[PDB]
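A look at one PDB structure holding danusertib.
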Amino acid sequence: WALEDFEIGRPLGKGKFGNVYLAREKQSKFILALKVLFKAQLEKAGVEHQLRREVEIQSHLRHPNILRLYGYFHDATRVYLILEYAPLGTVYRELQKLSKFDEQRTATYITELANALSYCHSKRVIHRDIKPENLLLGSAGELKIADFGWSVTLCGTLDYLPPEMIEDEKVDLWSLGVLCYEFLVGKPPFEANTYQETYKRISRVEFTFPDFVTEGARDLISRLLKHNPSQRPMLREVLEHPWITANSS
Ligand SMILES: CO[C@@H](C(=O)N1Cc2[nH]nc(NC(=O)c3ccc(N4CCN(C)CC4)cc3)c2C1)c1ccccc1
């Protein structure tokens, strides 16, 4: 595999170590995303080896709710990732657009996430925290885990981190509790006015439900948002929760 086998289109966005463009596979007239990661920039964040690890993993991850990594290849000073193309953009955007999602869009989104996360839990693969900014939408309005945080400082991250990460397969579940809450309200559960404050809310697990938050919705975010990972439900539970099955699909 090489750069010549692709026709490059318009740039799609910038990353921590490079740009990402929409491209077409010459031999198949196939559309996709070409992500360019500059080796040097990588060598600087002590990720040059880690990245190699994730790419390895994500390359064996085939699931409708996970950004498909078709292939990858390197050269002189940069690295390439043949990525699936999500046409509807990010979930963060669609949310920065509709202010808040309705009970059904919410429930469905959590399901897709729960499913993909399961597919990985079943392959000795786990995920870190999850942000809306890292969720893309497919042609069918389907969510796609697109960050590359798989496993077998930092801005705008604290609000999505769980207790243990500021004080294993349980972080994801905290993420769902946080993603579910935001999805419904419009802002994360422990967002405050200052850094210190935020920290204290996440740490003491201090959050409140706005008037309109259905009660079934309140049972799940609460069972997920446990300071003790041990009590955070299994994905099987989330997937079978009364309110999920009720408004999801
Ligand atoms: C930095 O890496 C990229 C990356 O690897 N990727 C891989 C991959 N595949 N497809 C992508 N599509 C888009 O980024 C995109 C953005 C806006 C867009 N429009 C705006 C809103 N409209 C309503 C519809 C059309 C349509 C598609 C990406 C990004 C990344 C960016 C954001 C989240 C996750 C990953």
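The numbering of chain A matches the PDB entry: 128-279, 288-302, 307-388, in order. Atoms within a ligand are numbered from 1 in the order they appear, just like the ligands themselves.
- The chain sharing the greatest contact count with danusertib (ligand 1) is, according to the PDB entry, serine/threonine-protein kinase 6.
- At the heavy-atom level, UniProt-annotated ATP binders of chain A within 4.0 Å of danusertib (ligand 1) are as follows: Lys162, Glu211, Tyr212, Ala213, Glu260.
- In chain A, most residues contacting danusertib (ligand 1) belong to UniProt domain Protein kinase.
- Heavy-atom distances to 1 Å put the closest UniProt active-site residue of chain A relative to danusertib (ligand 1) at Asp256, 12 Å.
- Within 4.0 Å of danusertib (ligand 1), judged by non-hydrogen atoms, the site holds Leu139, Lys141, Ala160, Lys162, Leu194, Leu210, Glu211, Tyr212, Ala213, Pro214, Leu215, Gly216, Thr217, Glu260, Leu263, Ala273, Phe275.
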